Every structure is written in structure tokens, then in C-alpha cells.
Amino acid sequence: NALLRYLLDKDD
Amino acid sequence: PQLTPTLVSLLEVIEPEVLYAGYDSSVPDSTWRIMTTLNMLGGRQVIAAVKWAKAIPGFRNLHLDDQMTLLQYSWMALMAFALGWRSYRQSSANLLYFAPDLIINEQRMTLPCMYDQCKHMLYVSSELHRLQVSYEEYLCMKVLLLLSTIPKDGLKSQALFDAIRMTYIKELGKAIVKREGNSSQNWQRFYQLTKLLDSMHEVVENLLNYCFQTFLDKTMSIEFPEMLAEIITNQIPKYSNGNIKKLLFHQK
Ligand SMILES: C[C@]12CCC(=O)C=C1CC[C@@H]1[C@@H]2[C@@H](O)C[C@@]2(C)[C@H]1CC[C@]2(O)C(=O)CO
């Protein structure tokens, strides 16, 4: 959960 | 095309460059030391895939819980398939090109259990050169693999999803036509390539229960990185009850 969800949901 | 976009071009340039395994071969090779290194490599590739996924035109528009359900179901499919492509384009042997700083040769191939598993992998690389699958065809297929497996009761954004999937199916069709143009066997090939895709479910099934075995079996020396460990610990449940829908191009 935690780790994966963070990674995508962002916006480089 | 240029005017607006091809998805296969917009893909070929989001396509991750190889990562270096960071392997030290100044020391003898061993079953454990390799698998563990690959897992470590795998963790980094998957992070290099999480980006790719969001940078896939259409992907970032699904339900959050969907976009990660997809990556969680198909990370193995992505890794295994891209494995073939590297082996294919880089080398030619019944070897495997995990990284430029790590290639399983017929020497490493002959390690304890190294080949038991390197088997199913080698396969995917066979087809890609057999069907002379092209970078343009491969890139569309790889996207379709990301969109190949969904929750047993469909995603939350099923509609939008089904719409995206079909787009890349047509893009795959475009690739087949845009190769040479000898239409004669184009539909033939489309049948084949989507047959390949359907069979990736098999190779994943096998690669995954060995991933799960090495992850549960604490006698072996194999270690996993944090990233992979979380994904795996989450998947062992689902895969141990039945919540999974594997999409097929041919229900033959
Ligand atoms: C993603 C990965 C590493 C990086 C890569 O280019 C391709 C793959 C696909 C197959 C994966 C592999 C590693 O993680 C180690 C795995 C899981 C292997 C399948 C079985 C495996 O050898 C093990 O089960 C090790 O315990």
C-alpha cells in the first residue's frame, strides 16, 4: 500500500 | 501522426533506459547472490515502471486504487516481457540481459536452480525474435500487459479503462500495418501477437509462485527490496483466495 500509492499520485 | 500524436511514438520515448544491476563479479557467482541481486534490480525497475505507467497517455486518469491495482497485478508481466526485449535486441543466446552489468550466460545459466526459473523467462525472449516482434509492436504489447489483469469484480473506473485498453489494441494493430504493409498476413500476425499476450498470463502465474516461494521460504538466502516486498506481501493474499480477472484476447 503506502509506498506505491505515494509514488504515482505525485507530479514531477 | 506528427500533427497530433501517435501513442507508439509518445511511448517509445517514455520507455525507461536500462538500469545497472550494480553487480560485483570480482567474486564467484551463486544462486542466492544472483536472485537477491535481481530482486534488488527488480525493485528499482518497478520504480522505473511506476513513472512509465503514469506517463502512459490515459493512465493517470483512472481511479487511484485502479492505477495501483494494475501495477500490482502486472509488475511481473512488465518485468518479464521487458526482459525478453533486452535479451532479444542486446544479445541472442538462450541467456538473459537483465542489465549491461549483469547477463546470465550459459555459465551462470548452469548454476544450482538458476535455470529452473530462467526457463519461463527465456521463453518470452524466444517469441520476440521468432515473430521478429518490432520495437513498435513490443512497446504497444508492453502497455497492453499493464492493462491485462484487473480485480475479479472489475476496476472502479471500468468504463474509462476499457476505453484506454481498446485504444492501445488499435495502436498495436497500427504497428503491425506500419511495419511493412504486406497486409496478406497482418490479421494473421495480430492473431499471433495477441496470442502471445494471452500466454503471458501463464508465464506470470509460474514466475509469480516462485517469487512467492523464495519470499516465504526463509531457508534460502534470497532477499527482497522494500518496494517489491510490499507489493508481494499484498499480492500473496489476493492470489491465495481468487480475486483476479485475467483479460484474454482469445477465449479459445
Ligand atoms: C523482476 C525481475 C528482475 C529484473 C528483471 O529484469 C526481470 C525480472 C523478471 C523475473 C523476476 C526478476 C527478479 O525480481 C527475481 C525473480 C522474482 C524473477 C522471477 C523469479 C525470481 O528469479 C525469483 O523468484 C527470485 O527469488
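In what follows, chains are A, B, ... by sequence order, proteins preceding strands, each numbered from 1. Counting convention: from 1, in listed order, for ligands and their atoms alike. This entry, so its header tells us, was determined using X-ray crystallography, 2.5 Å.
The PDB lists the drug found at ligand 1 under the name hydrocortisone.
Going by contact count, the macromolecule most engaged with hydrocortisone is what UniProt calls Glucocorticoid receptor. Other chains with any heavy atom closer than 4.0 Å to hydrocortisone: B.
Annotation: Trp75(B) places no N or O atom under 3.5 Å from an N or O atom of hydrocortisone; distance criterion only. Evaluated by nearest non-hydrogen atom to atom 19 (C) of hydrocortisone, the leading choice among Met121(B), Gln117(B), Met35(B) is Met121(B).
Taking a 4.0 Å cut-off on heavy atoms, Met220(B) fails to register as neighbouring hydrocortisone. Relative to atom 3 (C) of hydrocortisone, the option among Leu19(B), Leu83(B), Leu38(B), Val18(B) with the closest non-hydrogen atom is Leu38(B).
Within chain B, the UniProt domain with the largest share of residues touching hydrocortisone is NR LBD.
Checking atom 12 (C) of hydrocortisone against the protein gives no heavy-atom contact under 4.0 Å. The shell of residues around hydrocortisone (heavy atoms under 4.0 Å) is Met35(B), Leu38(B), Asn39(B), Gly42(B), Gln45(B), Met76(B), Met79(B), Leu83(B), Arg86(B), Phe98(B), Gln117(B), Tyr210(B), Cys211(B), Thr214(B), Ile222(B), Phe224(B).
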